[PDB]
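Trimethoprim bound to Dihydrofolate reductase.
The chain is numbered in sequence order, starting from 1. Every number for a ligand or one of its atoms is a count from 1 in the order of the listing. Note that these values count all heavy atoms, side chains included, but never hydrogens, waters or copies made by symmetry.
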Amino acid sequence: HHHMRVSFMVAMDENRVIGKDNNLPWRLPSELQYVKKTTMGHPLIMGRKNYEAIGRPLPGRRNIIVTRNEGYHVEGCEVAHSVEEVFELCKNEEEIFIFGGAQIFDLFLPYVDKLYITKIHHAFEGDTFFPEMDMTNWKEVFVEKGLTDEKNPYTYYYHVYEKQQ
Ligand SMILES: NC(=O)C1=CN([C@@H]2O[C@H](COP(=O)(O)OP(=O)(O)OC[C@H]3O[C@@H](n4cnc5c(N)ncnc54)[C@H](OP(=O)(O)O)[C@@H]3O)[C@@H](O)[C@H]2O)C=CC1
Ligand SMILES: COc1cc(Cc2cnc(N)nc2N)cc(OC)c1OC
């Protein structure tokens, strides 16, 4: 139905960990620079817990917060309460980025077209995971080594996948 391309933005470890105590388990500013680069001028779709961990709006992108809380408001952000209400707010967007966390990944699971996933080669302690996925009809179309250095102390790779509709 939806006219906008539903994309997933995620970084996860060797065991699909994406979260530790409502926080990222690693510090990788270069990966965030890639995220900022890839997502510029596009909607970011965030579960309320994800947004509040980030703490403030992110520049040059539509910020959309998913919550059941009907009284919930945030400055320079937009609040949706259902997948459909998002599709409404995004009815004229070309591409949209589901940005997390896990509950919000689960929610949009059946709608994903494209998949921007950063794979990190390390086993972090974590409580929050990226959902298991049926990769039938999916094709890896891109992969490249991330920048490892003093400020980015881990080995990671940028993967992009596309569902053959
Ligand atoms: N490594 C990565 O790429 C990423 C990691 N993370 C990490 O993941 C963790 C957060 O994930 P998680 O705990 O799942 O939190 P979420 O970001 O998914 O927040 C879930 C919230 O969204 C709202 N919500 C959930 N389902 C619905 C629904 N069906 N309808 C309306 N609103 C709904 C609820 O908000 P409310 O209770 O207010 O109504 C719920 O508390 C953190 O550790 C974070 O740092 C997050 C993004 C990316
Ligand atoms: C850009 O800053 C943040 C980003 C994220 C989520 C995230 C991080 N990386 C990737 N590849 N995908 C994602 N969805 C989660 C955060 O929570 C701590 C952030 O705050 C610093």
* Drug placement: trimethoprim -> ligand 2
* Asked: What is the residue list for the binding site of trimethoprim, using non-hydrogen contacts under 4.0 Å?
  -> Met9, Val10, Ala11, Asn23, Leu24, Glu31, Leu32, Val35, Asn50, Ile54, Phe99, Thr118
